[PDB]
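Using the numbering of the PDB entry, the residues shown for chain A are 18-298, in order. If you check the header, you will see the structure was determined by X-ray crystallography, 2.2 Å. Note that these values count all heavy atoms, side chains included, but never hydrogens, waters or copies made by symmetry. One-based numbering, in listed order, for ligands and for the atoms of each.
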Amino acid sequence: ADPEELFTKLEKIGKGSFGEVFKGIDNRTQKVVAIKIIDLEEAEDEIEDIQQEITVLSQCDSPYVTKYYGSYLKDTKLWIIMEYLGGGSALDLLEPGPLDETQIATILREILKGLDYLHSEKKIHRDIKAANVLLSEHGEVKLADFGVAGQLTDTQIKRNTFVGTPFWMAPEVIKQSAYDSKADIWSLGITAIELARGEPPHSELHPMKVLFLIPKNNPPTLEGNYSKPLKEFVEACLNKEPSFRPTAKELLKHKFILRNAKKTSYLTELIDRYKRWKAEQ
Ligand SMILES: CO[C@@H](C(=O)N1Cc2[nH]nc(NC(=O)c3ccc(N4CCN(C)CC4)cc3)c2C1)c1ccccc1
Ligand SMILES: [Cl-]
């Protein structure tokens, strides 16, 4: 029916040129939801990504993947109703200052559970990065932005498409050879660096340069004051050879994760920190 009847927006929480995201309410139940509204008139090229995300999320049912509740059409606007996640993104939560290795290990663990779910459903996220990891106010950690996610089948054996964000992209994705879920494991290893240092490797460089640097160089390493097991976690992820990369399931039992990860509810203090930080200034 009419989405402006069914839903009420409470607060604009995100904005772009083609769309806006709100905190809002299902009026029938008073449930808080995320409401992403796309101006279909302005959307042009990225409309295929919108379609792809809706399709993939409608096929997902995991506590580690942002829920999709439906789409509504009202004039030039597409309303996409989604699980509200109010803690902020992992990247957002880096703003007030660095994470400790307990927080990092917990976040990576939860991402790994999400990747394990997706890969078992023969899906590939293909844009894993801290900005795409969204937290709930309880400290749950869930995956979002499925605009370029890919589907493996029997009609098509692997993927080829040059897609993702350059600094996080696997070398085999840059080369556009046949790749699979192991590409997400590379991106996860880059995300581990990003969680530790605040930025991905080569973050000051032009994206175009990174497209030849990533295949040309040895894999990035985590440098500085970070525990050996974290550096070995990064090292295992960022193997040039995908068949030598571990799976997400295996990584759940990496010693860095086992010795450092704790209950997700402990992440609420990371969210509190952001609230206080946000409020000031
Ligand atoms: C553009 O699509 C959305 C999207 O699909 N989504 C689906 C979905 N569900 N819930 C969301 N919540 C938030 O984005 C958000 C972010 C920061 C936030 N604040 C900062 C911390 N504070 C404690 C509260 C206020 C409050 C809410 C989103 C976004 C997207 C956004 C970012 C990354 C990936 C995807
Ligand atoms: Cl947006």
*Which of udenafil, danusertib, vardenafil, ketoconazole, sildenafil is the molecule at ligand 1?*
danusertib
Notebook entry, point to check: For danusertib, which chain wins on contact count (greatest number of heavy-atom pairs under 4.5 Å), named per UniProt?
Noted result: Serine/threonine-protein kinase 24 36 kDa subunit
Item to complete: Output yes when a protein non-hydrogen atom is found under 4.0 Å of atom 31 (C) of danusertib, and no otherwise.
Response: no
Within the structure, does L102 bring an N/O atom to less than 3.5 angstrom of an N/O atom in danusertib? yes
**Prompt:** Considering only heavy atoms, which residues of chain A annotated by UniProt as ATP-binding lie under 4.0 Å from danusertib?
**Reply:** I30, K53, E100, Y101, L102
Side chain, backbone, both or neither: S106 near danusertib, heavy atoms under 4.0 Å: neither
*Using a strict 4.0 Å cut-off to heavy atoms of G105, name the atoms of danusertib that fall inside it.*
17 (C), 21 (C)
message = Okay, next thing: which UniProt active-site residue in chain A is closest to danusertib, and how far, heavy atom to heavy atom, to 1 Å?
response = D144, 8 Å
Notebook entry, point to check: Among the UniProt domains of chain A, which one holds most residues within contact distance of danusertib?
Noted result: Protein kinase
**Study point:** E100 neighbourhood, listing danusertib atoms whose heavy-atom distance to it stays under 4.0 Å
**Key:** 8 (C), 9 (N), 10 (N)
Per-atom contact, atom 5 (O) of danusertib, protein heavy atoms, under 4.0 angstrom = yes
Fill in: Contacting atoms of danusertib, where contact means under 4.0 angstrom from a heavy atom of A51
8 (C), 9 (N), 10 (N)
Which UniProt-annotated Mg(2+)-binding residues in chain A have heavy atoms closer to danusertib than 4.0 Å?
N149, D162
Q) Counting heavy atoms only, which part of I97 comes closer than 4.0 Å to danusertib: side chain, backbone, both or neither? A) neither
Under 4.0 Å from danusertib: which other ligands or ions? ligand 2 (chloride ion)
* Please determine if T83 has a nitrogen or oxygen closer than 3.5 Å to a nitrogen or oxygen of danusertib. => no
Mind pulling out the residues near danusertib? I'm using a 4.0 Å cut-off on non-hydrogen atoms. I30, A51, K53, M99, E100, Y101, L102, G103, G104, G105, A148, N149, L151, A161, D162, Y291, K292
Quick check for students: name every N or O atom pair between danusertib and the protein closer than 3.5 Å, with distances.
{"from": "danusertib", "atom 1": "2 (O)", "to": "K53", "atom 2": "NZ", "distance (Å)": "3.3"}
{"from": "danusertib", "atom 1": "5 (O)", "to": "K53", "atom 2": "NZ", "distance (Å)": "3.1"}
{"from": "danusertib", "atom 1": "9 (N)", "to": "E100", "atom 2": "O", "distance (Å)": "2.7"}
{"from": "danusertib", "atom 1": "10 (N)", "to": "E100", "atom 2": "O", "distance (Å)": "3.4"}
{"from": "danusertib", "atom 1": "10 (N)", "to": "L102", "atom 2": "N", "distance (Å)": "2.8"}
{"from": "danusertib", "atom 1": "12 (N)", "to": "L102", "atom 2": "O", "distance (Å)": "2.9"}

